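Opening remarks: the structure here includes (S)-pindolol.
Below, chain A is the first sequence line, B the second, and so on; all start at residue 1. Method of determination (from the header): electron microscopy, 2.7 Å. The analysis underlying the following values was restricted to heavy atoms, covering all of them including side chains, and did not include hydrogens, waters or symmetry mates. Start at 1 and go down the list; that is how both ligands and their atoms are numbered.
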Amino acid sequence: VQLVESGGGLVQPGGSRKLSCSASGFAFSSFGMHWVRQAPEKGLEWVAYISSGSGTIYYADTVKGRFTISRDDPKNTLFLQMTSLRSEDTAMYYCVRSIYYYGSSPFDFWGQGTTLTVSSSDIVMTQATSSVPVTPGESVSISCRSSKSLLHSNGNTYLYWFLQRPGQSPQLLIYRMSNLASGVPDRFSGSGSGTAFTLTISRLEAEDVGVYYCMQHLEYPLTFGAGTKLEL
Amino acid sequence: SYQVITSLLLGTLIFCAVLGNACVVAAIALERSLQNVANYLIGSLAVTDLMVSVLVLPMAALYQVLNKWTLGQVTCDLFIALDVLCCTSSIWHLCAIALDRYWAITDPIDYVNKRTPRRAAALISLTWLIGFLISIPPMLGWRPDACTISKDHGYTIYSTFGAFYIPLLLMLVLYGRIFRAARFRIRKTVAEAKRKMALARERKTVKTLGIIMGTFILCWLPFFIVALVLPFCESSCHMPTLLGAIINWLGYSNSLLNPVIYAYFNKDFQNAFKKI
Amino acid sequence: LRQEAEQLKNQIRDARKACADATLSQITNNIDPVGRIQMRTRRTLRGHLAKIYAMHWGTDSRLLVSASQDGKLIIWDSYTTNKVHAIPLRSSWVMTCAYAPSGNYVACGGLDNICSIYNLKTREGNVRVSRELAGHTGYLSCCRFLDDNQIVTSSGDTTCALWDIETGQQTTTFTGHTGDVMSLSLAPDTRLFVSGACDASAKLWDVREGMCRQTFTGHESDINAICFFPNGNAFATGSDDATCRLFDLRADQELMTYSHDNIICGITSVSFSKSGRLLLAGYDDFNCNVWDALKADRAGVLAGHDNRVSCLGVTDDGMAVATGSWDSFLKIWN
Amino acid sequence: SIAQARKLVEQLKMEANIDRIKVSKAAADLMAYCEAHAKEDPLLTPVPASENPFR
Amino acid sequence: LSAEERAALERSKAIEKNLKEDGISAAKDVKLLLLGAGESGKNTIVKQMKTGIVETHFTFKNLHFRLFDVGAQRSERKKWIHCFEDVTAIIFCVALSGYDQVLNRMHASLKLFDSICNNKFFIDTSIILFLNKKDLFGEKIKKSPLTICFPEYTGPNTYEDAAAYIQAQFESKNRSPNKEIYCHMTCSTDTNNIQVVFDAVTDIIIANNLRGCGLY
Ligand SMILES: CC(C)CCC[C@@H](C)[C@H]1CC[C@H]2[C@@H]3CC=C4C[C@@H](O)CC[C@]4(C)[C@H]3CC[C@]12C
Ligand SMILES: CC(C)CCC[C@@H](C)[C@H]1CC[C@H]2[C@@H]3CC=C4C[C@@H](O)CC[C@]4(C)[C@H]3CC[C@]12C
Ligand SMILES: CC(C)NC[C@H](O)COc1cccc2[nH]ccc12
């Protein structure tokens, strides 16, 4: 499984270019596809979503109308047609693999990303702490707050935890509140209820250094909390 | 007294037609085993006949019992349009059923590979389109306390030949080809018991096509002969207005008899009705 | 040696009659009978386009897999009726399906003589065949996972097999049936399983030893369905002779028969409620009858299928029963 | 052949020498389990529609 | 619904669409159950048309056939014979040169044919009977008479009359009005059994359609 973005580069403000995603190694047609961007110093922000089969398309309000997400299943390619490229559009754009069925793990694989450079009602996820200093071998709990209850009437709490390691693309740790992602050691733990959430790391290694991001998946304008960095 | 007999007879006919057609439609909708292209056409014929029985037959029976149109001229125009629409659609449903049977019996490859419910829907829509194309021209303009259809000679020919005579010729031709195919199949099938059963099959084929075509003809031909000729006898010929009612109600009774021919005689429909 | 075999058979019969002190009906004469178990179709699973032969509930009691002759293994979200997966089988002639207790795998098989193991949870988002278990010389009629690496299959080759899925090899072959083995039931502890075969006998097998501990013979015709009681000390069989029979492992004989004069059709599937007081049996006469497993009383009926109820299953939490049928629908009942 | 009869005899011997319990105790244990779990049997004792996931 | 519930429902709808497409594609297949007994001409007609069940897919005159060869299943048929309840026809292969052989071959074929004809799942299923090895039958009918198999024959020992008697014995098992037995004699060197099965299936479909209209 690998997602390879292309495009990016440097553009003038008001310009246009298409981001591409060369998916390979997985059933790309069966996955919903997201574009999630990260400004050079700020945290993740979800951009657009195209569902499996292209039936459903969503955009962030800040890019809706100007940005167009499209996929080509036969060539396993995901596109982001960007128009009227404002200076606020500079970011590293990540393509995110996500599949949706009962028990599935959305947002489980992320592409390496391409940096786009532009020259010059939504649920809120709050990570009050940031840049918390940690010591290897001892536990740490990363907290998260949501403006609305992420718990749905179905019983699921649509809270996602991602680990953005330094220099590496984000990596899902917990997909629905208290659901460990595949390949994540069973020392990361997720808990909370309603609007308050914590991610506990039991015995943090040197690889757990990184920015940890919340994400709600209850109402669709997916919002990340400002990341909570972990530093040695 | 005398009008009570007419009211009871016509009301019983309307109730029987409504019950029969609604039960055919309900059996189609209730059973997975009756959701077939052929059964879609039969159930659509039942839907059309139920529309006849609930829209035309009550108003026509009111006109018959009261011997006069005690409703509006707008309502009279609507009644004529609905009557022609629904009767033409039922006759062309008979033609569509015959066409589907013809394709099933003479084109098994199409029956397997190309026969889809979209084709049943297309045939149904085409029958209703012909019904509209026959019934709307009088409202668009092609034409006394009496509600009678337009007697325009051009419209008379167009509507009698478009609702019955072209349907009659198509259905006669299709069922003649179906008969020839049925005998070809039986003769190819044919130890004396084998010839016994082949003769029984030919007898069954002639009985089935007799029921189908004889019911259609004895119901609608007496009405449509008069509907074609009598406008051309605008001064000489005078229908007793009892024979006219009789022939019109034979045509209406075709909507009562169609469920019996196409559903209540069907073995599949009988089993499905037993399931309820 | 036929004389010695008959002598041992008579000794077994005598040992079984020595334990037949009071029948199950004599001891359950005083418990309050269940009144009328009136389940209702809560969900109808539509999407199969041929006869459904097998279903198996998930251990989460929410997902279930169904096997249909249309060549599709469909995993259902029974709460929402959502289709989680639709697995296209290489052979459409599937007559058994097993959902792994972990939920990571599903199995299916049939006239191809293969148990195909499907990985439901792959890095690629598609369900693929992880292993095809070949070695049975007859159709596979039942398969049940012990875990992610072990699955027990029953076959029309008259044998049952234990498989190591990683090696794809028969760890144990369970021979001893003379008729086609039609059903399997693992014990809750999964240390031993019962198989019912066309020889009208149910054989109890040790999974590790690989030997037939006990043989149970009360049915007059082919046993199609078998299921342990929830505690694993008894099991119920469903055969073509229109009877269900409850056999105790320790008593080593039939304790109860679930038959009715108005039932003459064969029995396709049996399962127990969570407490095991209800034996739910699927019949050729298109419905599922609910039996008081203790009093043999016909507690209820699950009518609603237009063809033979080929399979049924009770959730591990006991909330719902799903019945599959030849009419291509699965119905969830409460 | 003869080996098949030998195997059948050995299997019958291995099956004949087991510790069978009385069917009275078997039925008593089946009762004990049934009434010991009758409360947690949603099919035996239907749950309120709030607690029924298939509502 | 939740966003994830909505996307799960969308996935379920896509699955339903694919299932409907697959069922539509599958309903266009003419499914044939190939039967017979051992050394009959089952494999010969499979080769002419071209592990426990073998599936031969061929298209002839715009008709897609799925031929299910199940002879490898050496188990009780009635446990899996309902799997083929909805075949267009059964193709039964009988070796004509089996009247003279015991392992009687032709009595076994007749018993199997009777059980298949009078199976409750094949009440109205027509049978494309193939009487195979007609050339070997002609070779061995001039030497030995048709009395080793049928003592009650008492007819001419000629090839045509003996073969007609065998065919009559097989068709005597039909005993059903809604089912026809289409009997063809083959010699393993004739390239027209594909045509024979196509014509028999066409006749079956036409007769089923006529029965639907009440004309059969
Ligand atoms: C409105 C009502 C009175 C008209 C009904 C017309 C019916 C009753 C008439 C018209 C055509 C007639 C059929 C014509 C042909 C045959 C074939 C013969 O072998 C049996 C009689 C049979 C089947 C007739 C039965 C009666 C029949 C079906
Ligand atoms: C089952 C088939 C034969 C039903 C056919 C019955 C039809 C032809 C019969 C039964 C009752 C009859 C009606 C009874 C009463 C009258 C009133 C009279 O002033 C005009 C004729 C009219 C309107 C008859 C028309 C024909 C009629 C509708
Ligand atoms: C009371 C009258 C309105 N009854 C009419 C009868 O119900 C159907 O008459 C026709 C249908 C189609 C085409 C037609 N051209 C002439 C008559 C006609």
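Taking every instance into account, the structure holds (S)-pindolol at ligand 3. Here, the main chain in contact with (S)-pindolol is recorded in UniProt as 5-hydroxytryptamine receptor 1A.
Other chains making heavy-atom contacts shorter than 4.0 Å with (S)-pindolol: B. Protein heavy atom at the shortest distance from atom 11 (C) of (S)-pindolol is B/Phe224 CZ, 3.6 Å.
By heavy-atom distance, the transmembrane segments of chain B falling under 4.0 Å from (S)-pindolol, counted as UniProt counts them from the N terminus, are 3, 5, 6, 7. Residue B/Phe223 holds the heavy atom nearest to atom 10 (C) of (S)-pindolol of all those in B/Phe223, B/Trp69, B/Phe164.
By the criterion of a heavy-atom distance under 4.0 Å, the side chain of B/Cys87, and not its backbone, is placed next to (S)-pindolol. Checking only distances, B/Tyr252 does come within under 3.5 Å of (S)-pindolol, N or O to N or O.
The overlap between the UniProt serotonin-binding residues of chain B and the residues with a heavy atom under 4.0 Å from (S)-pindolol is B/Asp83, B/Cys87. Geometrically, (S)-pindolol and B/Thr88 share no nitrogen or oxygen pair separated by less than 3.5 Å.
In B/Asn248, the part holding a heavy atom less than 4.0 Å from any atom of (S)-pindolol is the side chain. The residue-level binding site of (S)-pindolol (heavy-atom cut-off 4.0 Å) is B/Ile80, B/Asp83, B/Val84, B/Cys87, B/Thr88, B/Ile149, B/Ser159, B/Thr160, B/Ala163, B/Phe223, B/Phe224, B/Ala227, B/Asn248, B/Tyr252.
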(S)-pindolol: protein N/O within less than 3.5 Å of ligand N/O:
residue: (S)-pindolol; atom: 4 (N); partner: B/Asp83; partner atom: OD2; Å: 2.7
residue: (S)-pindolol; atom: 4 (N); partner: B/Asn248; partner atom: OD1; Å: 2.8
residue: (S)-pindolol; atom: 4 (N); partner: B/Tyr252; partner atom: OH; Å: 3.3
residue: (S)-pindolol; atom: 7 (O); partner: B/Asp83; partner atom: OD1; Å: 2.5
residue: (S)-pindolol; atom: 7 (O); partner: B/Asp83; partner atom: OD2; Å: 2.8
residue: (S)-pindolol; atom: 7 (O); partner: B/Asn248; partner atom: ND2; Å: 3.2
residue: (S)-pindolol; atom: 7 (O); partner: B/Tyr252; partner atom: OH; Å: 3.1
residue: (S)-pindolol; atom: 15 (N); partner: B/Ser159; partner atom: OG; Å: 2.8

